[PDB]
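Structure showing PF-00835231 (bound form) engaged by 3C-like proteinase nsp5.
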Amino acid sequence: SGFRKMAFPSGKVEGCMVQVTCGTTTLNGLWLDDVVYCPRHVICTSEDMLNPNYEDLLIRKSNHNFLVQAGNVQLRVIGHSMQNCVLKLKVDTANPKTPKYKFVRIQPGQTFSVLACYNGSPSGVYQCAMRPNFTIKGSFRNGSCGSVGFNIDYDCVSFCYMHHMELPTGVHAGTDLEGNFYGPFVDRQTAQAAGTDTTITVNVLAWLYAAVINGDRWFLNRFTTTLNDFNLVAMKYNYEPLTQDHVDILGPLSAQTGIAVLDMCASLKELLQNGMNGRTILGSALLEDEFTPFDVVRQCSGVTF
Amino acid sequence: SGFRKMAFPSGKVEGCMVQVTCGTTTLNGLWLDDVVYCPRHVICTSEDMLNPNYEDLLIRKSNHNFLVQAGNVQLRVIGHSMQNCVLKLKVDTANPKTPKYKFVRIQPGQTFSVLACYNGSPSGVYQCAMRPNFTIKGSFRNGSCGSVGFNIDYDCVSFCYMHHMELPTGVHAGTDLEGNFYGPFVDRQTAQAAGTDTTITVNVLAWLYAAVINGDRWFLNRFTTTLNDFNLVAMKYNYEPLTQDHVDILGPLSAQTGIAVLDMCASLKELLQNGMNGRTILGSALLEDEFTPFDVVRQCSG
Ligand SMILES: *[C@@](O)(CO)[C@H](C[C@@H]1CCNC1=O)NC(=O)[C@H](CC(C)C)NC(=O)c1cc2c(OC)cccc2[nH]1
Ligand SMILES: *[C@@](O)(CO)[C@H](C[C@@H]1CCNC1=O)NC(=O)[C@H](CC(C)C)NC(=O)c1cc2c(OC)cccc2[nH]1
Ligand code: NA
Ligand code: NA
Ligand code: NA
Ligand code: NA
Ligand code: NA
Ligand code: NA
Ligand code: NA
Ligand code: NA
């Protein structure tokens, strides 16, 4: 038993982390087969990042201006191309540690493991949730750009995040592996503001199902609701509206407990209107929203990869 | 910036995880060189686990009785010994992915990364702290025995925990890699309670320093207390006493933020007597004690 914030085993990703350097600007890159993926601002100087023209800056760069290092071993760059905010560097060596992988763009509220890296060497791993305002409440310092976020499904690593910047509020923003930023952020050295964040309702409901599975079910009421009525009420409490996919991925937890999804929504609605009344759920007085229904199922079922 | 519960990269340990089966009992094993380390209760049956005479049960087992599998491959057991609660199975093949390693016994309050595994396959990784009552608050289910805890320094993996048991209260207990249990627990199928769980005081203070570094200051006050006066109140709330060693270890955090330790102690004292009301610290509604001063410095130095 027990419920902890669990990251995926990071071994398959550790073997793909390299260092990328242009002049004196250095960050992390992702080495899959014979291609290294990294943030495009590696080609910028400190002053270039203030107001960069990436098309102009890249046209002056040649393959021999890129230093890619797996540890201390250099991988010669034999080709380069820009795709949105990510630089793709073809190298002379196919990574023998390349796992089965996919490039995926995740939804807000979906979780993933972040392998924090500095100078191409992994330093730590932890689980993040993509906030509804497309930020992540991570832990990133200088030199962490290029660190990737990922999920593992069986033998396949689904890469979903690459780190680019830290907002003034201390949260973090980045792109998918195709270089498309999550949310309305740009890769420039400017103070950028994120939208008003909200609570991930599908994850709170999954956490409620996890409590019911563990015998903590005092919050179950005799009410039900429609999905539209609940979505309108939830927004008044700064909670995210539920999608059809949200109801679908809550299916297994609903079947395992016998509690209909819309019944759990009405129970959560009462918890928002009247509070907890000095009671706790799973030992916590706060409603946790960084556990997806997959995270609840994966943890309680001992799923391996 | 930012502060999060983070674990070491587990790749060096994933290459050592194997599956050990004896009879109808299956758990995880740690494959280092030509030795596989796993909990010794894998040799027990349902009736044995009640009151197992391990010396008597082990002598009655042969090499062929143990099925060790590393991924697809089956490792041939060519020898078997036992050190306390850890069974040692010698195999005819050395693990090529064996990293630089060492077996260490950590102290209460220190942290380590847990690679939770099932049937020899890694499932997840998270950070745990060795609580003062020598239990850990982890997430282990059936088949997780043999999962190990560790710390990594440079290229060396320092193994410090192997999982054995979940107490009725939901917390977990295990041994070091020499088979010695952390706490007064025994590897038998009985309901066992631990001593009173106190709070790691030096860790709460470091966590409060991390909150100040990250812009959380609402809990601070203008007051200062003495070391003894704080420990009097701390022990009243089942907090571990704060030693001058702990005060010195918090030094870099105190100098970086400009808040003296004794100043932070006065803030913690107010939090214990008045509570947190409805506010939170670093997103938590409770006083966290599973972050060491090193965990805070290593994450908030810049
Ligand atoms: C990368 O490591 C650089 O390669 C770096 C990671 C952040 C820095 C510290 N912690 C992090 O997460 N990313 C940056 O430095 C980026 C630079 C590119 C152009 C995106 N910039 C920021 O993260 C940034 C800039 C500013 C700013 O200006 C002025 C004002 C306020 C906040 C801010 N964040
Ligand atoms: C291992 O996976 C078994 O190899 C298992 C790990 C626990 C299972 C559930 N969650 C875990 O962390 N370990 C055990 O099952 C051990 C067995 C060995 C012999 C110690 N037993 C317990 O953890 C246990 C037994 C009892 C009990 O009896 C009766 C009564 C109440 C609680 C309890 N926990
Ligand atoms: Na609005
Ligand atoms: Na009960
Ligand atoms: Na209405
Ligand atoms: Na309201
Ligand atoms: Na939307
Ligand atoms: Na049911
Ligand atoms: Na022999
Ligand atoms: Na012999």
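Order of sequence lines = order of chain letters (A, B, ...). To match the PDB entry, the residue numbers of chain A are left as they are there, and the shown ones run 1-305. Chain B residue numbers are taken from the PDB entry; in order, the displayed residues are 1-302. Header says: X-ray crystallography, 2.0 Å. Atoms within a ligand are numbered from 1 in the order they appear, just like the ligands themselves.
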inquiry  = Quick one: which ligands or chains are PF-00835231 (bound form)?
reply    = ligands 1 and 2
query = By chain letter, which other chains contact PF-00835231 (bound form, ligand 1) with heavy atoms under 4.0 Å?
reply = A
request  = Provide the residues lining PF-00835231 (bound form, ligand 1) within 4.0 Å, heavy atoms only.
outcome  = A:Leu27, A:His41, A:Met49, A:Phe140, A:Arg141, A:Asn142, A:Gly143, A:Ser144, A:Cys145, A:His163, A:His164, A:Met165, A:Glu166, A:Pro168, A:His172, A:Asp187, A:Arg188, A:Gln189, A:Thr190, A:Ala191
ask   = Quick check: does A:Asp187 get an N/O under 3.5 Å from an N/O on PF-00835231 (bound form, ligand 1)?
value = no
task = Compute the least heavy-atom distance between PF-00835231 (bound form, ligand 1) and each UniProt active-site residue of chain A, then give the nearest residue and its distance to 1 Å.
result = A:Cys145, 2 Å
ask   = Judging by distance only, is a nitrogen or oxygen of A:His163 under 3.5 angstrom from one on PF-00835231 (bound form, ligand 1)?
value = yes
ask   = Which UniProt domain of chain A gets most of the contacts from PF-00835231 (bound form, ligand 1)?
value = Peptidase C30
inquiry  = If the cut-off is 4.0 Å to any non-hydrogen atom of A:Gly143, which atoms of PF-00835231 (bound form, ligand 1) fall inside it?
reply    = 2 (O)
key: PF-00835231 (bound form, ligand 1) N/O within reach of A:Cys145 N/O, cut-off under 3.5 Å   = yes
Close-contact set for PF-00835231 (bound form, ligand 1) against A:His172 heavy atoms, below 4.0 Å = 12 (O)
request  = Name the residue and atom that form a covalent bond with PF-00835231 (bound form, ligand 1); answer none if there is no such bond.
outcome  = A:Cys145 SG
inquiry  = Using a 3.5 Å cut-off on N or O atoms only, is A:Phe140 in polar contact with PF-00835231 (bound form, ligand 1)?
reply    = yes
inquiry  = Under 3.5 Å between any N/O of A:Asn142 and any N/O of PF-00835231 (bound form, ligand 1): does that happen in this structure?
reply    = no
